[PDB]
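First up is the structure itself, then whatever we jot down about it.
Lettering: A, B, C, ... assigned in the same order as the sequence lines. Chain A is numbered as in the PDB entry, which gives 1037-1135 for the residues shown. Chain B is numbered as in the PDB entry, which gives 3-165, 192-531, 537-1332 for the residues shown. Note that chain C is numbered according to the PDB entry, with residues 741-790 shown in order. The numbering of chain D matches the PDB entry: 593-642, in order. Hydrogens, waters and symmetry mates play no part in the numbers below; they use all other heavy atoms, side chains included. Partial entry shown, contacts counted within. Order of listing sets the numbers, starting from 1, for every ligand and every atom in it.
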Amino acid sequence: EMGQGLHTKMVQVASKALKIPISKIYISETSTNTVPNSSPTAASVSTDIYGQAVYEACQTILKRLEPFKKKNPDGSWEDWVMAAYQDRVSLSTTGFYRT
Amino acid sequence: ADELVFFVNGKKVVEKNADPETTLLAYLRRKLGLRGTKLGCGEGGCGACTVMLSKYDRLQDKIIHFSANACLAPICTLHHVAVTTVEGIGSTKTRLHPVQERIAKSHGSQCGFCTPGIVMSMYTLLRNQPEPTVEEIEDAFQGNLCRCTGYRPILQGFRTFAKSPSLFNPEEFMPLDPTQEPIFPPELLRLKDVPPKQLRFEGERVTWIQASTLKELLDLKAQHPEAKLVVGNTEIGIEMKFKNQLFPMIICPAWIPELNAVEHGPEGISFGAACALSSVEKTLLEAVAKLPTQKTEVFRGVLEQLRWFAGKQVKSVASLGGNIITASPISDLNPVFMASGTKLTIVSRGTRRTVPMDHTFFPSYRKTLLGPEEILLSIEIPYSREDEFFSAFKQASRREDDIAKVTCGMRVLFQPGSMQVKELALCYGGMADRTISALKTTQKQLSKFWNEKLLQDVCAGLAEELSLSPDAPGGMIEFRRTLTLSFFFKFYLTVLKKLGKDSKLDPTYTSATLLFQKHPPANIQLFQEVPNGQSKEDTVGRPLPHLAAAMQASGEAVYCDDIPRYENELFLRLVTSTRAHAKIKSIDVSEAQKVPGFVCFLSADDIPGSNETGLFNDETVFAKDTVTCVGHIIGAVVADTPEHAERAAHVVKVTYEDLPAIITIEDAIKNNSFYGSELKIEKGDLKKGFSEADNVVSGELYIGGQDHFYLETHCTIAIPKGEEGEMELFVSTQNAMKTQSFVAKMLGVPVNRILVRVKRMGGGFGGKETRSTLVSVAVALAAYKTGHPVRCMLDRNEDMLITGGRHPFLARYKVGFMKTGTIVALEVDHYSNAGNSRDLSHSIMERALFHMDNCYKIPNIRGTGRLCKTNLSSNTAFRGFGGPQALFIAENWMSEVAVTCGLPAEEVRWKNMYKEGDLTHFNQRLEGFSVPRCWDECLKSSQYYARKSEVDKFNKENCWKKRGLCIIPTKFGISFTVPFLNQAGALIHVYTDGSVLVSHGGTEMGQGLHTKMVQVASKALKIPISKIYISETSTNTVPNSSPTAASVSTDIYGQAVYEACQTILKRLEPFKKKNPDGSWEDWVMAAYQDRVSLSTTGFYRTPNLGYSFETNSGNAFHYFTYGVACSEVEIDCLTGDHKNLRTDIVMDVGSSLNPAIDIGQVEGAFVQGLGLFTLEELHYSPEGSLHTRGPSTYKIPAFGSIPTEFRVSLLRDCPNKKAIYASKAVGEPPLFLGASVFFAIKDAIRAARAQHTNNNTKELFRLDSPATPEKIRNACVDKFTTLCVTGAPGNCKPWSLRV
Amino acid sequence: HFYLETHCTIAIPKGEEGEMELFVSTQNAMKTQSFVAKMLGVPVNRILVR
Amino acid sequence: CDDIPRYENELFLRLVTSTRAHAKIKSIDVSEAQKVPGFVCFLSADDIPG
Ligand SMILES: Cc1cc2nc3c(=O)[nH]c(=O)nc-3n(C[C@@H](O)[C@@H](O)[C@H](O)COP(=O)(O)OP(=O)(O)OC[C@H]3O[C@@H](n4cnc5c(N)ncnc54)[C@H](O)[C@@H]3O)c2cc1C
Ligand SMILES: Nc1nc2c(c(=O)[nH]1)N[C@H]1C(S)=C(S)[C@@H](COP(=O)(O)O)O[C@H]1N2
Ligand SMILES: O=C(O)c1ccccc1O
Ligand code: MOS
Ligand code: MOS
Ligand code: FES
Ligand code: FES
Ligand SMILES: [Ca+2]
């Protein structure tokens, strides 16, 4: 983030893909121990490619939460996440994109 | 004056404004930034702060080197002294010193917090003796404690300085070359030819005057009688730090030559009052070696005491004058100086007198017959005369560096060549509030002859004259009185032997006159070599040392508090309750606010979020309205320095209104005070079982608690980022996830705002899996409120008081068995003291129930469990998690079954043992039950049967010493008994240079988990471990992690890491195929260029788990880890002390991922269990106030506590398909094996009781844990214990009898 | 460029295995990481750029 | 970046740069710099470990 609002946009994207308020999503910083071998933030494509990578990681999460959502359709995002946790289903995932 | 000049690692230090209250430790860490030296207790008992001091000695015209505790050394005593820390002898950036290299490569370093101090003790030794003996090497560590290793490796590695595969190879060690050692600071050498001048230092509250001459000392004292002298500061330092003592004016007379003079006169040897005890020891040893035995009787007595007097660090700074004038009730020297009428030369300006120390020298508590203007100039220890004999004895809890329970000095003068008493003096310590002489008793024996009648008359006299009321401070009334008579008995016999000339006693009575004797160590470790075809780069199964061992030995390894503080960082001090249960009526911070640097007082009202916390939302972050235990956190003070925060907090005044308190398990039962309902597992038919049973035994047993005593106490640094409630914390915890959510809950912000990072812990052992949040949340609140970073590291006393420990257990049992020993029915009701909150108490009781069978098949069985809710700090996880308590209870009734049946214990245990395929009481199948092999193998390698003979023989030839032998098995179920915790995540990145960064949910606390994880990654990816790295554990890399516990970390994280590596391998596969002959680096780069992601997570969920208490079905564990231990001991029936002669252990850890780490885990766990069952004991006042708050009173196993012959074997060819690379969890399983020592002791006591107690061979006497010297001695009933019968003395027979 | 915030870097040496954590005003954490590692002569996994 | 609080022991670096567009570096003298209060060290090419 250098003022172009990339994090704002990635939160907006994650929020849509996951179908939850942006208020439940947060981006703290950029670091080499969370995401390695990253290209520089340049070429005006950051939204294009990181938006895609964030999207993919979100789909993964959604696929893992599916069974719980299907079991408790009227439940809350919070109910599904906890149920997923209690069932020892991983709640962490990478996402990647290649133009 | 004004300027203080000294050196640290060869560098000159000039302090222009030295504050008399500043310790070297603080100065090194804060001022110089040298964090290698650690704070472990600030009490002188752990040695973690050990450093070397060097100076020019004007007398020996030589540079001398000695060790010292930086925590007790005032920098104001260090003018013109050269200090050497761990970073001054070597480092991984330059080159490690042999001492550092060897302790690291010998696997002598685990969590590594104690390593720097032990390194410096060894270094100091070598600096004095380049080729020390094995005995000198062990004695070098009398003042150093380690909680992880079990000590064996440290000694064995250092043994190389003296003079099947191996864990390390001594042939690769770099030779010690003293010519390459750091040279004494040249500048200091010049300053040696300049006469000392009085120096003056002015601090915030204290003024220090370093007197250069005797005249200056006297003038100052004549002018300022209040002035407190200080030499070694090993007493004053304690008084100021722990007794709230403040001395505005201090005078250090250490430089005065008159106070350092040593003179050999006609009547004895005189020492200046400032001479260090180590100097006295040296001079006296020489005198004893050069002079005739008949003249060194008294010197020998002093040497016996010095032998067990603190450690090298304290004896090298503690002075003679200091010990005498401190006038402590438990001084080990004053009773000796008194009994020998040692001469004291006391002076004052214009006056001078010399008197023999006698009973009058100590009028009352902490006082002497010194005038306020007088100072002790010198002491002359008397030469022994003809017909004059002397003895000195000391009995404490632990042999090394411990406080005396009872200590004494004994002397007798006979008429020329007669056995007729001319003079007799029996002086004791620990029997009153001062050193006393049993004058009434001794006066009656004047002119009497040394015989049986005199022995009886003296014992009866002592029992009467040295009485103790039921409220005597320190308790242990029966034990202490028994020791006073036992010591005399030992003196009596010794004198007989001496009068017998020798240059005769019943042979069975001879060992009673013998002083403690060390025995040559003999350690052997057996493990399996890796398959010959295995690749060199595949380290799984190899004895790879801990990845951080070298950095831990060099002091470069960073622990939480070693992290530099920010320019604006503040310090936090918790304000806790001093009442077990009361309403908080008022909190006054008026005085606290006046303390310099005061920033603020935090309480429940300051919490922005919720004040409800705890694993079960059972607790408050800050007590509101009421306190429910001593130590209950009420609030906290934030200040500019640690000192100021501590001072401010101390004066925070809380007014209370007591409420009825429930302290003990018995209390809880009576009041029906419990958490939840009864826990129970029942199988078979009890009524039927007891019916078919030939015999039936009932009883009650108790197991005391235990303090984790991790060398590094609790600690947290909280960094507020000032954005969106974000906070980054560095914490010493095994549970980053709970830390994160508890901080978030208290603050009222989303969990994604909190980042918790754990690089490593200097030990955890379960004490940091939940209770670490008590500090983390409070520090987080401080950071939130001030907007400044804040940190807090607990002092030892706060840690032991507040953080909880192992759950004490009380058990009521009843067992049915056949005359053959077979068990047919068992009923056990367990009760645990849980404290003022639930925490992990429920799961702990569950694990207890799961192990109430140990390794025995019991057809009809019923075990229940109740959690006692009490007004004590909440107890929690501790290596074993309930298993040791339940296993101990099991082995106890099992031992009584053998005794009752009159059959060999090993025989009774074997026929009751489970067999492959059996089901446990909770119906789980035992597959791959390897106890049998461990058992037969241990029996054989230990030579059990043959030694059973050696023991019986010894017991026939010895009357006041006995031996015991016992072989014990164990099984420990592996997995968290809470299903959902059996999950693990990992995250791995491969950078474009091919280096790999691995991250997993587990934390490093010294157990070698990261090391094992790197080994697993290297094998899985088929690349060298040198290309892989693990930096830390953090919530932003691997979320929702289970606490690092239950011994399953390697199992589950190993699997998650493995999976992550598979995915990596899958992605690189296409490139490896394209370029087969290429390198790992070529493939990675190619993958990167083709835009293939080199980052992935890994996850693992342990399969088939889910036990139900309702249906008594389902698998509670993934598999079991097994082991067997045989220990042999020798007890002193007269004092309670005992030797752990030998122990043999055979452990089944499947195919070990690292035999150095495993084995290190086996030895470490065994020693902690050893401590739990025989040495460690916590004492509380009737009101629930913990007395035992430091290493001085809480004695964990020391270097000299381990079995002299310590042999460990890892079972061969026993792959476990239920875990990563066929390995097995090892963390907790071996701990209970320490009980083998407890039962060997019980065996010995049985022999002693058959010797002087009853005649009832099948007698079943109760022995609770820990089997401390008190319990051992009281159990050895004899004519002495009878004359000391607590209460019911010879004066209390009832008027009538007949029910 | 005239970014209102000029170039800036904070480098924190951890004292272990060449580890270093850096807080930098940069659009390229990867290259900062590798260039720092190249200059120091240590594996890239030792350097953390935030 | 620079808003991040400094550690109690944090130091500061100031780059030493060329005043010529193209030239051989004949000599470098830090004798005057060494006398400035607070001076810690001057780093040059030979200090690079990698
Ligand atoms: C971990 C640890 C273990 C210990 N173990 C033992 C043990 O096994 N047995 C035992 O007996 N003690 C033990 N002690 C206490 C022992 O170290 C002190 O008694 C020591 O001998 C005191 O000498 P010092 O020079 O440190 O005294 P200081 O702390 O300086 O204290 C001395 C006190 O004596 C006064 N004083 C000192 N010198 C003189 C003088 N010349 N003339 C007049 N007054 C004087 C001071 O004013 C002060 O009141 C231990 C202490 C620690 C911290
Ligand atoms: N050196 C050291 N070893 C240790 C501990 C420790 O704190 N320090 N904790 C013990 C406890 S209580 C457990 S549960 C396991 C923890 O790690 P693991 O699951 O990998 O074996 O290690 C054991 N070994
Ligand atoms: O079973 C365990 O050993 C255990 C340990 C820590 C927390 C919960 C648990 O069930
Ligand atoms: O010039 Mo922008 O592509 S960084
Ligand atoms: O007692 Mo260890 O399960 S943390
Ligand atoms: S901290 Fe100095 S002896 Fe423990
Ligand atoms: S390695 Fe010694 S206390 Fe941890
Ligand atoms: Ca509890």
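Picking from methimazole, clonidine, salicylic acid, the compound at ligand 3 is salicylic acid. The chain in largest contact with salicylic acid (ligand 3) bears the name, in UniProt, of Xanthine dehydrogenase/oxidase.
Those other chains that come under 4.0 Å from salicylic acid (ligand 3), heavy atoms only, are B. Listed by atom number, the atoms of salicylic acid (ligand 3) under 4.0 Å from B/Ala1079 heavy atoms are 3 (O). Residue contacts with salicylic acid (ligand 3) for B/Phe914 involve side-chain atoms from C-beta outward but no N, CA, C or O (heavy atoms, distance under 4.0 Å). Neither the backbone nor the side chain of B/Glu879 has any atom closer than 4.0 Å to an atom of salicylic acid (ligand 3) (non-hydrogen atoms only). Heavy-atom proximity to B/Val1011, at under 4.0 Å, picks out these atoms of salicylic acid (ligand 3): 10 (O).
The UniProt annotation of Mo-molybdopterin binding in chain B and a heavy-atom cut-off of 4.0 Å around salicylic acid (ligand 3) together pick out B/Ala1079. Residue contact check for salicylic acid (ligand 3): B/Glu802 places a non-hydrogen atom closer than 4.0 Å to it. Going by the entry, the organism behind chain B is Bos taurus. Result: the UniProt active-site residue of chain B nearest to salicylic acid (ligand 3), with minimum heavy-atom distance to 1 Å, is B/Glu1261, 5 Å. For salicylic acid (ligand 3), one of its N or O atoms has an N or O atom of B/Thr1010 under 3.5 Å away.
With a 4.0 Å heavy-atom cut-off, salicylic acid (ligand 3) is reached by the backbone of B/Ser1008 but not by any atom from C-beta on. Residues in other chains coming within 4.0 Å of salicylic acid (ligand 3) by heavy atoms are B/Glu802, B/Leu873, B/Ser876, B/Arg880, B/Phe914, B/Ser1008, B/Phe1009, B/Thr1010, B/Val1011, B/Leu1014, B/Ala1079.
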